[PDB]
Every structure is written in structure tokens, then in C-alpha cells.
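Complex: ertapenem (bound form) / Beta-lactamase.
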Number of protein chains: 2
Amino acid sequence: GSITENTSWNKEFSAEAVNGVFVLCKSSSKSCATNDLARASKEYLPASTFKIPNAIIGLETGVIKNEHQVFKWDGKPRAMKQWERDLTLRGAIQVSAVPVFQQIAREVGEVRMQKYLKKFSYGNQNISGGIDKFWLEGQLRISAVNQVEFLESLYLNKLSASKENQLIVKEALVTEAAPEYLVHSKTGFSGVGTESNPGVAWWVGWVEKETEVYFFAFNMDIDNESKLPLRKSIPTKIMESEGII
Amino acid sequence: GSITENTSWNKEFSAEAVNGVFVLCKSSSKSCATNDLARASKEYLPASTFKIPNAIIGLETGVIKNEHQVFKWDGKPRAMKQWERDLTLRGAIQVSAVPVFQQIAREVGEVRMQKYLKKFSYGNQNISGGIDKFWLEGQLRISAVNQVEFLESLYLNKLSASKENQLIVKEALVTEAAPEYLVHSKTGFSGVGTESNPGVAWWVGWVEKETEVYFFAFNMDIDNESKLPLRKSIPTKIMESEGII
Ligand SMILES: *C(=O)[C@@H]([C@@H]1NC(C(=O)O)=C(S[C@@H]2CN[C@H](C(=O)Nc3cccc(C(=O)O)c3)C2)[C@@H]1C)[C@@H](C)O
Ligand SMILES: *C(=O)[C@@H]([C@@H]1NC(C(=O)O)=C(S[C@@H]2CN[C@H](C(=O)Nc3cccc(C(=O)O)c3)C2)[C@@H]1C)[C@@H](C)O
Ligand SMILES: [Mg+2]
Ligand SMILES: [Mg+2]
């Protein structure tokens, strides 16, 4: 579609010394607005946002048997305590349980993963770097505009996957529910990288408000975990100034 | 499935002077508890809770084309200024827009409405009283045990309808979302009736918490719109009592 720059939105980045981009699209990706035309199409490691395509692929290949599959913890150390338990698919997405999705990816395997990222037009579609880590430290990259396009297809059930499996993943992604206000969303954080090679933090999703829908994707450069609150506050301020929130 | 009476729950009922029942079922043990086995099996006007089967039937028959159908307000006054606006299916359910569901019912028509309520085993299956009003002043009746059976089937996608259509109605029914706590629910209120033959107020739905699922159905006698808040107050206090929050 078309991407239109709104430089007034940089106010929210400038204040916090943040280098990043917000892409926000009403109704469709036919017309999106952004603070940074160039960065809106610049591609970055997806980190935990990749759990969305991975969940769809796991269901499509039958690796995830169905919506009520329980991912059992084997009792062995996992890198975060909140992952050391049995999880549903929703649970695994919402607590961002990487080892659940690593095992999903291993079972999907390289051939099938490559096939579905091509079907989904997902970023640079580059899965090299290890089947269980390409989206964590490999060569996979996707832009904020491309995240919006992917999530719009998911919203419309237009990905090349069953409608059932798109609906399953959508319910797992609900993060805020009010009578006329529904948010689907997913956070991501690649890590702190370095000073000269920063990590990336993401917030992607969509807002359904009355009869209208808004697709959004935010990323920022980050080299310190203490800046992570900005990954939600900057795009929240912008959507509020648009009267969305 | 089993059911057991827990007299202790009459606590929250006597306190605020209410005649009603709570049924709470843990999916993994296939075990339910209720304060009153007799009233758990008594059958009542479903009122707004019928919007759950009505929505599914509307989708199954194609009266509702799909999840992105907008129900346009025709500018004719409605009993609630909340309903005087375009609505998505989720919005119609969450705001409980009777006029939208009366029209759905009319388009489904008696023969098809009768068919699905039999397939769904929905209460006494008697839709006599007018195709657009059987569930609110007609003869249709359903018990709290029948509600949790029906909702358990919906959760499991085991109703005799498309998986897709069940998934659509399920997301429409989400009312609270946290990373490991997801609530689907629907309220109902038939009116004040008489103080001879009161009306009924419902709360039904289910809670997904970690990997457990709890199905619940509440109803109570109500003569005074005044006491509508206790429908949610009493089951919440019971569920809180059971560690479900
Ligand atoms: C996926 O990308 C990755 C996880 N994503 C993120 C993320 O926040 O996007 C984390 S952060 C990690 C999990 N919870 C801890 C935390 O500090 N969260 C935090 C701190 C301050 C603000 C916020 C917020 O407002 O969102 C969150 C540390 C994690 C790397 C994989 C591993 O799941
Ligand atoms: C459906 O049965 C019927 C509506 N159901 C409800 C209901 O509350 O179950 C009503 S009540 C009507 C709408 N909003 C007003 C109200 O007072 N709501 C209220 C009051 C106290 C507590 C709560 C709560 O915690 O949810 C809500 C009056 C309406 C009869 C219609 C949609 O078909
Ligand atoms: Mg990650
Ligand atoms: Mg650093």
C-alpha cells in the first residue's frame, strides 16, 4: 500500500532519545502512517514476534495437534522461571516461552518453515542460522510495514493457512478485552546487543474499536533493559493522540 | 462427569438475600460443584445468554456471513442509546443488542432454529412464543447444568457446527484477558417479572487459568433491577474462594 510520513510523531521519540519507528494503519494497509518512512521498511530480527507465524505453522503442519494442546514442561531448567510449567498455546505465546517454540520449530523443520515463510511473505524469509534460533540470533529480518501486512492478513484470515488455525492464533494473541475495544498484540525484544550494534524491541498488533480496525507495528533500537517500558509508552502515546486508546 | 453439592457456598447467597444457584466445573477432573443440586437442574428463560447459540446458528446458516460482518444501525430508535450505532458481532454480543439478534433469529427461521437447538441439546428446545422472542418471553428454558454442558462443548469445538464458527463466537465472548487468565462470559436478565413469579438473571462462561479450564453458570431470582450487581458479585466471591482469579 502507501506509507505517509507524519514527522510530528517524532516528538514522542525525541523526548526519550529513542531511535525507532511506529507504523499505524486504519482499516487496511492500503494507507499507513509513520514517523520515519525509511525505517518503516527497514528489516530487523523478529525475536518473540516470530511466535505468531511459528504458531500458525505449527498448527498447519500438525506439529501442534490442536488448539488445546498442552506443552508439558519436562522439569529441566528453562531460561526464565515463568516458562518452567505446563503451558497452553495461549500461555506459551503470552509468557513468550521460547523453548516451547524452539521445539515446535525443530519439528516443523527447515523445509516446511522455509515453505511457510515464503507463503506468508514474511520478511527476508531467511531461516539460516539454526532451525531453533534463526529468529533469535540468525539472519531472519522483517520490517514494521511487513509486520502490519502479515497481521492484516491474519486478521482477515487471508494467510495461506486454514481459517481455523488463524482464528486459534488470534484468540491466543488477545491482550485487552472490553465491550467495544479489543487488542491483539505481541511484544518482542532481541536483547541488548551492544552500544554500536543495538538490539531491537517490538510491539506489534491491532486494535478493534467499534467498527474500525487499526494495525500497528513499533520497533526501537535498545541497548539497556531499562528502556523497555518505552516500547509500549511511545506507541501508546501516539495512538492516544490519535484518539484510538 | 460428576457433580457434588457444596452447602458452604450458600454463604454468599444468604448474606445478600438471594435465591439462585452457582455451578462450577473443573474440566480436568470432569467434576462440578454447586450450592443447590435441585436449582442447578431447574430450567429458566435464557434471556441474553441465548445470543451464544443464536450467534453460532446465525453463522452456520449463513445469515451471518462471517466474523467481519457489520450490523448497521438503521437509525430507528432502540431501547438503549448504546445500541444506536453500527456493531460488529463481538460488539452486538458484548453490548447485548437485542434488535440485531431478533433479526438474526427471524432470518434463521423456525425450522432451522429448531434443528440446531436439538443438535445443541439446548434446554427444553421449545422455541414456541414467536421466532423473535422465544428466549426472552416464550417457552424456551435451560438449566445451569445444561448451560455448562453447552459451553463445555463450545470450548471443545464439539458442538454440531463448524469449528470456525465456534472459534468466531468464542473470541466474541472474551471479556477479560491476562497472559495466563482468560475469561469468556455472557450475562443475562429476563426482566423483573413479578414478585410472585420473578425474572431471572444469569452469568455464564468459563475461565482458562494456566492449563485448567473452569465452566460456570449462575442464575438467581430477581424482582428489582436494583440487585443486578449481585449476579457477578456472588459467583466472583465463590470463584475467588476457590483460588480462581
Ligand atoms: C521475545 O522477544 C523474548 C522476550 N520478549 C521480551 C519483551 O519484553 O519484548 C522479553 S523481556 C524479558 C521477559 N520479561 C522480562 C522483562 O523485563 N519484561 C519487561 C520489563 C520492562 C517493561 C516491559 C513492558 O512494558 O513490556 C517488560 C525480561 C523477552 C526477552 C523471548 C525471550 O520471550
Ligand atoms: C439480556 O439478557 C438483556 C440485558 N441483559 C442484561 C443483564 O444485566 O444481564 C440487562 S440489564 C440493562 C442493560 N444495562 C443496564 C444495567 O443496569 N446493567 C448492569 C447492572 C448491574 C450490574 C451489571 C454488570 O456487572 O454486568 C450490569 C440495564 C439487559 C436486560 C438484553 C441485552 O437482551
Ligand atoms: Mg525472542
Ligand atoms: Mg549494552
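Chain IDs: alphabetical, in sequence-line order. Residues displayed in chain A correspond, in order, to the PDB entry positions 20-264. Shown for chain B, in order and in the PDB entry numbering: 20-264. Counting starts at 1 for both ligands and their atoms, in listed order. Because only heavy atoms are used, hydrogens play no part in the values below, and waters and symmetry mates are left out as well, while side chains stay in.
- Every copy of ertapenem (bound form) included, the relevant parts of the model are ligands 1 and 2.
- Using a 4.0 Å cut-off on heavy atoms, the other chains next to ertapenem (bound form, ligand 2) are B.
- Heavy atoms under 4.0 Å from ertapenem (bound form, ligand 2) belong to B:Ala66, B:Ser67, B:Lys70, B:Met99, B:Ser115, B:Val117, B:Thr206, B:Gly207, B:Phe208, B:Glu244, B:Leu247, B:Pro248, B:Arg250, B:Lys251.
- Less than 4.0 Å from ertapenem (bound form, ligand 2) sit no other ligands or ions.
- Counting the atoms of ertapenem (bound form, ligand 2) from 1 in the order shown, those under 4.0 Å from a heavy atom of B:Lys70 are 33 (O).
- Put simply, atom 15 (C) of ertapenem (bound form, ligand 2) has no protein non-hydrogen atoms near it, under 4.0 Å away.
- Where the criterion is an N or O separation shorter than 3.5 Å, residue side chain and backbone included, B:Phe208 meets it with respect to ertapenem (bound form, ligand 2).
- Remark: ertapenem (bound form, ligand 2) atoms within the under-4.0 Å shell around heavy atoms of B:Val117 are 31 (C), 32 (C), 33 (O).
- The nearest protein heavy atom to atom 4 (C) of ertapenem (bound form, ligand 2) is closer than 4.0 Å.
- Taking every heavy atom of B:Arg250 and a limit of under 4.0 angstrom, the matching atoms of ertapenem (bound form, ligand 2) come to 7 (C), 8 (O), 9 (O), 23 (C), 27 (C).
- For atom 18 (N) of ertapenem (bound form, ligand 2), the closest non-hydrogen atom on the protein side is B:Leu247 CD2, 3.9 Å.
- Listed by number with element, the atoms of ertapenem (bound form, ligand 2) under 4.0 angstrom from any heavy atom of B:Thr206 are 9 (O).
- Within the 4.0 Å cut-off (strictly below), a protein heavy atom is located near atom 21 (C) of ertapenem (bound form, ligand 2).
- At least one N or O atom of B:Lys251, backbone or side chain, sits closer than 3.5 Å to an N or O atom of ertapenem (bound form, ligand 2).
- Below 4.0 Å from some heavy atom of B:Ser115 lie the following atoms of ertapenem (bound form, ligand 2), by number and element: 1 (C), 32 (C).
- Residue B:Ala116 places no N or O, backbone or side chain, under 3.5 Å from any N or O of ertapenem (bound form, ligand 2).
- For ertapenem (bound form, ligand 2), the polar-atom distance check against B:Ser209 finds no nitrogen or oxygen pair separated by under 3.5 Å.
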